[PDB]
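The structure described below contains WIN 54954.
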Amino acid sequence: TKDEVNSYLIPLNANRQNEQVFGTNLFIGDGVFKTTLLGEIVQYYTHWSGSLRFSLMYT
Amino acid sequence: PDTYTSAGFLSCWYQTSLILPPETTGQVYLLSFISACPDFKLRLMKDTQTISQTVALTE
Amino acid sequence: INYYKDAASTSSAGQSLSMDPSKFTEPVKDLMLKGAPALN
Amino acid sequence: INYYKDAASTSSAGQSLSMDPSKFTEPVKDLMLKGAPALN
Amino acid sequence: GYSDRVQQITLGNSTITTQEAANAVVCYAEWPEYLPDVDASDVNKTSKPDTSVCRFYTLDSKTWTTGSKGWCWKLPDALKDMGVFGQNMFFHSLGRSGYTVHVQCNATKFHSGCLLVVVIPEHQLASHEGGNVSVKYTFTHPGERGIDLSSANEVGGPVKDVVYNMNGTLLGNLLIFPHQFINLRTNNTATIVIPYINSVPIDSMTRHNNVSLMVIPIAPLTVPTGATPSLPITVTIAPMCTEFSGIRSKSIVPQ
Amino acid sequence: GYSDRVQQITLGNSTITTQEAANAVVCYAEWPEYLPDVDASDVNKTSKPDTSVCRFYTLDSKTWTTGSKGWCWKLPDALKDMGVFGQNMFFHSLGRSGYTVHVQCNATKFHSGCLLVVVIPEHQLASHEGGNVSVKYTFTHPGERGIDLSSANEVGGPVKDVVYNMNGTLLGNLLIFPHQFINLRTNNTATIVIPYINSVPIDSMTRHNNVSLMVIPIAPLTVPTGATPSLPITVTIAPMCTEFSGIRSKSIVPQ
Amino acid sequence: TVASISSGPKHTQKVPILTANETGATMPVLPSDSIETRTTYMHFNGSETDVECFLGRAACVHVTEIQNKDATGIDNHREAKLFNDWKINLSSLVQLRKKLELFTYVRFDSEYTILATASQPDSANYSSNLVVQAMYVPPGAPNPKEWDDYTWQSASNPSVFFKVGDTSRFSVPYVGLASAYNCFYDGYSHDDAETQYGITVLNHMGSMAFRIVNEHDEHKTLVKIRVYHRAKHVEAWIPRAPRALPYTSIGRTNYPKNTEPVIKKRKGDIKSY
Amino acid sequence: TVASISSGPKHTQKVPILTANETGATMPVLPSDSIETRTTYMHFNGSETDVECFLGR
Ligand SMILES: Cc1cc(CCCCCOc2c(Cl)cc(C3=NCCO3)cc2Cl)on1
């Protein structure tokens with residue numbers, strides 16, 4: 001509800017099976033993407049095309 | 001964001017499940033990053049919705 | 001054709017067409033090869 | 001003489017002088033010769 | 001002894017023979033071909049089911065009677081349910097295809113009547129409401145049933161007025177589109193080969209139809225005396241050079 | 001810095017990475033390949049959907065607990081409903097395929113337990129009734145669910161006794177079949193590549209399963225103190241070099 | 001080039017005038033296949049029927065209007081025409097529309113000319129000299145809310161400043177998403193059951209916004225903007241039947257109900273001259 | 001210029017998609033490292049993202 005270091009953290013629960021960790025659409029100019037450097041630059045242009053690289057680092 | 005032009009969804013699920021060692025507890029977190037592949041193209045520059053102002057700034 | 005004497009008066013510069021992201025994307029001291037293990 | 005850098009800024013294009021109505025007037029699979037019977 | 005008249009088309013595991021053809025049209029004089037790399041954008045390798053999708057599907061038959069106004073099918077819609085063509089369609093994000101269309105109608109040397117068989121690239125229909133009323137999805141996706149131009153206006157459906165091609169242009173000028181006539185006295189089939197025509201290299205098969213096939217009686221059917229007053233018209237269509245790309249979960253579409 | 005240990009398998013539009021592998025087995029030292037002409041009989045050209053069928057399907061997960069007896073899946077059955085692989089399956093008269101099987105089970109350095117992962121060509125099951133009672137169809141076509149060897153005898157179903165492999169042979173000798181162990185202390189996955197093995201060049205995919213994949217706990221699962229007493233096991237399988245032939249109407253199978 | 005060759009009497013077994021139109025072809029028959037002709041030359045190239053020529057002259061595509069007046073106490077500038085916008089589209093006016101819709105896909109660069117003239121319908125001491133500012137708000141850009149916003153700063157948005165009575169001119173590359181502009185589109189944005197139908201869903205290239213830079217004088221001044229568009233570097237594919245009925249909407253093919261017969265009825269018989 | 005090369009099935013000991021982000025690098029991974037791709041060309045130069053262009057209006 002207010003910007004926090006915690007919205008960068010995707011939590012994981014021990015022992016859950018089959019279940020879903022997170023979900024998002026890919027509107028790179030809006031939503032989660034919007035404040036990232038990528039999101040932030042994309043917004044200076046009208047059209048984009050290309051591949052995106054999404055990585056997850058485990059802690 | 002535009003419909004015709006929309007790009008999909010990204011989701012993540014447990015494939016088997018997180019398992020913590022003994023003497024350990026709670027949630028673990030993933031950090032996630034985004035960057036563009038060398039593939040990428042951006043065109044037709046315009047103004048960003050990410051910044052605005054109501055009076056000129058002074059010293 | 002420049003009509004003016006000073007360099008500041010010329011039009012915009014022309015595309016770097018330089019482009020080398022490695023100073024930003026791979027500033028590591030020991031070279032990393034894609035496909036080889038990250039940490040040996 | 002183009003005074004401008006971008007191609008969109010140049011004047012109108014110049015006559016195709018292409019002209020080939022057969023894609024529209026004779027798109028038949030087996031070629032028809034004028035003078036020979038239409039249906040054999 | 002080859003005549004323009006007799007023909008055989010074998011595609012996949014299915015063959016068609018006509019003994020009374022009138023040549024065949026190849027839209028814009030181009031034959032269907034796969035998507036070249038130089039024209040490619042999506043980086044995905046595509047899937048080319050070949051003979052399992054490139055065979056002839058015969059849609060259900062229509063009945064030409066003296067009151068018929070004409071019928072309209074959209075592609076790839078008409079085939080949305082045919083065998084593996086259809087499955088591939090709902091399961092990939094993008095697909096591309098050309099077709100061979102074979103329209104059949106035989107009678108006797110005492111009948112008269114003449115149908116126009118035409119293929120219209122990007123046939124955007126008009127709402128019969130006027131103004132800027134849209135034509136809902138379901139209405140432009142009739143499936144194998146196609147649209148029956150002598151059916152009644154419905155709400156959210158297109159206008160079905162024949163002398164206006166369902167779009168504000170006159171029936172008489174449809175001849176600028178690849179087409180062929182079936183004149184009972186001459187002809188008994190019409191065959192058109194359709195190359196893939198779009199402004200993008202590959203597209204969605206469900207949100208956009210790229211041709212409407214239209215069969216329209218123009219010289220009314222006239223049967224011999226005390227003949228039954230009607231003839232069936234059958235449409236058989238075969239996807240050719242089909243490619244699918246961006247496989248996943250399987251689209252869910254309205255209705 | 002390549003280890004036997006880390007691996008990547010990319011097949012179609014899907015990729016698997018393991019950081020704790022124990023090499024991989026290729027049944028009988030042969031890698032899946034298409035059907036050569038010299039071996040062909042049916043004259044039909046076959047369909048090779050390629051990347052739309054040769055990708056990785058992850059079946060639903062199992063739960064290894066201290067009481068588990070083992071699970072059994074049949075191929076191509078287990079995949080009868082996965083994406084376009086499955087459609088092709090019900091729609092052609094004949095089909096043929098090899099697979100990459102990747103079984104996954106991770107734990108920690110305090111757990112113990114060891115699973116046997118084995119592929120048995122032509123695993124004809126036994127009726128628990130004895131005599132010459134048959135094993136009904138449905139029972140040998142469990143689909144993605146597979147057979148749970150610790151479930152109860154049912155009527156018309158197979159026997160589920162583990163030390164007899166469901167056929168009158170001893171568990172101990174299953175090691176003559178291509179197999180790999182998952183020993184929590186070593187291993188976290190098992191990967192086996194299965195070439196197509198049959199006495200005919202191509203067969204029906206619905207009346208005959210050509211391998212059973214079997215995962216059997218052998219050294220019981222032992223979790224660290226006050227750990228939850230169970231681990232999930234996941235099976236992901238990818239058809240490879242698949243070919244379908246004799247397309248038609250679409251099989252209807254019991255139940 | 002010969003327009004007609006010389007040809008004399010014929011008594012053949014080779015009849016070029018009998019054909020079978022059922023085939024879909026238009027056989028290339030000439031005067032000399034059926035009468036006796038003399039040589040004549042063409043003297044003509046077909047220059048002025050080139051599609052570049054046909055679509056290459058400026059056409060009026062839009063007329064809007066804005067006014068210069070005291071904005072003091074105006075709660076909605078947009079609504080007071082303190083500034084307007086034109087949601088870029090070439091379907092508005094039908095003169096240029098019919099021409100374009102002769103084709104299915106079209107690709108070209110645009111050259112815009114913008115003429116602005118002022119009117120002072122009620123008592124003014126004079127005619128002031130106003131400066132117009134036309135800025136193209138690409139879709140996904142901060143839309144001007146006021147007439148002296150931060151948006152008008154247009155630091156990344158191409159904008160032009162010209163005087164009323166004068167004209168502004170520039171040209172734009174083809175900014176289409178695809179390989180060409182879709183004159184028609186028999187599809188939807190997505191597989192919805194209520195989503196719109198047509199091109200109006202495909203042609204979403206933002207809008208243009210005008211405004212007067214000058215503050216307000218004692219009188220009010222009406223400025224009326226006319227946008228002209230000229231296609232240059234034209235490429236057109238797939239000819240279609242010309243538009244017969246009147247237009248009702250930007251982007252749909254819809255025609256009005258109880259329209260009138262478009263084919264002129266004979267005053268007389270089929271036999272009449 | 002190719003935007004993507006053609007690439008097919010992989011079953012290797014050489015995994016380009018596993019990295020260690022703690023190092024500070026962004027490893028140059030491409031679509032063809034993890035799916036099967038077909039050749040496609042760029043058709044584009046990145047002209048309008050040059051800093052001269054970005055700050056030049
Ligand atoms: C079909 C079809 C074609 C078009 C034309 C689209 C217009 C594209 C954007 O064009 C402009 C650009 Cl790039 C800049 C300016 C502009 N820059 C400073 C002032 O105006 C105006 C326009 Cl319309 O619309 N439907």
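Each chain gets a letter, A, B and so on, in the order its sequence line appears, and its residues count up from 1. Note that ligands are numbered from 1 as they come in the structure, with each ligand's atoms numbered from 1 the same way. For the numbers below, each heavy atom of this structure counts, side chains included, while hydrogens, waters and symmetry mates do not. Per the header: X-ray crystallography, 3.0 Å. The structure has been trimmed to a portion of the entry, and contacts are counted only among what remains.
Location of WIN 54954, all copies: ligand 1. The chief contact partner of WIN 54954 (ligand 1) in this model is named by the PDB entry as human rhinovirus 14 coat protein (subunit VP1). In this entry, the other chains with a heavy atom less than 4.0 Å from WIN 54954 (ligand 1) are G. Residues with a heavy atom within 4.0 Å of WIN 54954 (ligand 1): G:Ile88, G:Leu90, G:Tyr112, G:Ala134, G:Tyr136, G:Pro158, G:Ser159, G:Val160, G:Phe170, G:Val172, G:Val175, G:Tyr181, G:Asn203, G:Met205, G:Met208.
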